[PDB]
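These notes are about the structure you will find just below.
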Protein chains: 2
Amino acid sequence: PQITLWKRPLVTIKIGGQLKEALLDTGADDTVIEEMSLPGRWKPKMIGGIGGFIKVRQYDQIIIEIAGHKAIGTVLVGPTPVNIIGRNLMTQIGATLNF
Amino acid sequence: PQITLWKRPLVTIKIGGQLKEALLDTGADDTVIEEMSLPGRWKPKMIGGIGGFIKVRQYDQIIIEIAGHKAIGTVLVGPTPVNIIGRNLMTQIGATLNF
Ligand SMILES: CC(C)(C)NC(=O)[C@@H]1CN(Cc2cccnc2)CCN1C[C@@H](O)C[C@@H](Cc1ccccc1)C(=O)N[C@H]1c2ccccc2C[C@H]1O
């Protein structure tokens, strides 16, 4: 689709077989999802944004459906304020900015 | 133009008589520019990122050119590691996400 930016660009995702709402975030290098049970192995990491750093669980090679499009890649899980789809997965679904 | 997401989507902006590099950020509600001595009145604000909140100065009706496209709107100034162009100004230049 073509998505305008008058409202937050929220989409439905499926991760670990569960549906969630997430923000398409071109300013995010990575994808970070709120705390959940997720099948796979993980390693601890820290990520930083406005306001500082948070501790997350890094899961690699996770299947995630984003607005009906498949991606398979790195998903961080931790105390993010909103679910965020970052560039690592937006590139996989072919998303670009246009103006 | 079209901007892919393999790398951070940085563009040149003009604000306050200065050229800067800034990130086109669909996840940002607001526009946040690194500390600079902009003239006139402002209002204190706090804004929340992934790691918590920071204190910024809110300036209204600030002219800013984004990749050659003029816009005018609210600009927040404060200690950010990156200049962020948020939705409030991206809408004004007709930016969309497409996939
Ligand atoms: C107005 C303001 C800019 C404060 N908004 C944000 O920070 C929002 C906050 N919401 C949350 C919110 C908070 C409070 C209220 N409403 C919403 C989550 C999404 N962010 C937008 C992010 O796109 C901002 C970028 C800024 C940044 C870019 C590069 C380097 C440093 C900072 C951001 O935090 N990006 C980081 C990021 C993000 C996710 C995963 C990994 C990484 C690394 C890094 O790329």
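Numbers restart at 1 for each chain; the letters A, B, ... are given by sequence-line order, proteins then strands. Quick note: numbers below take in every heavy atom, side chains included, and nothing from hydrogens, waters or symmetry partners. Note that ligands are numbered from 1 as they come in the structure, with each ligand's atoms numbered from 1 the same way.
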Requested in this report: Determine the main partner chain of ligand 1 by heavy-atom contacts and give the name the PDB entry assigns.
Outcome: protease RETROPEPSIN
Query raised in the report: What drug do PDB records list at ligand 1?
Result: indinavir
Query raised in the report: By chain letter, which other chains contact indinavir (ligand 1) with heavy atoms under 4.0 Å?
Result: A, B
Report task. For indinavir (ligand 1), indicate whether the residue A28(A) contacts it via side chain, backbone, both or neither (heavy-atom separation under 4.0 Å). Result -> both
Report task. Under 4.0 Å, heavy atoms only, figure out whether indinavir (ligand 1) is touched by the backbone of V32(A), its side chain, both or neither. Result -> side chain
Requested in this report: From atom 6 (C) of indinavir (ligand 1), work out which of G48(B), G49(A), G78(A) has a heavy atom at the shortest distance.
Outcome: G48(B)
Requested in this report: Mark the output for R8(A) as yes if a heavy-atom distance to indinavir (ligand 1) is under 4.0 Å, and as no if none is.
Outcome: yes
Query raised in the report: Do any N/O atoms on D30(A) end up under 3.5 angstrom from N/O atoms on indinavir (ligand 1)?
Result: no
Report task. List every atom of indinavir (ligand 1) that sits less than 4.0 Å from any heavy atom of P81(A), numbering the atoms from 1 in the order shown and giving each element. Result -> 11 (C), 12 (C), 13 (C)
Query raised in the report: What does the entry say about the source organism of chain A?
Result: Human immunodeficiency virus 1
Requested in this report: Considering heavy atoms of the protein only, find what lies nearest to atom 22 (C) of indinavir (ligand 1) and give residue, atom and distance to 0.1 Å.
Outcome: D25(B) OD2, 3.3 Å
Query raised in the report: Taking non-hydrogen atoms only, is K45(A) closer than 4.0 angstrom to indinavir (ligand 1) via side chain, backbone, both or neither?
Result: neither
Query - Heavy-atom shell of 4.0 Å around indinavir (ligand 1) - result: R8(A), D25(A), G27(A), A28(A), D29(A), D30(A), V32(A), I47(A), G48(A), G49(A), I50(A), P81(A), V82(A), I84(A), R8(B), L23(B), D25(B), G27(B), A28(B), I47(B), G48(B), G49(B), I50(B), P81(B), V82(B), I84(B)
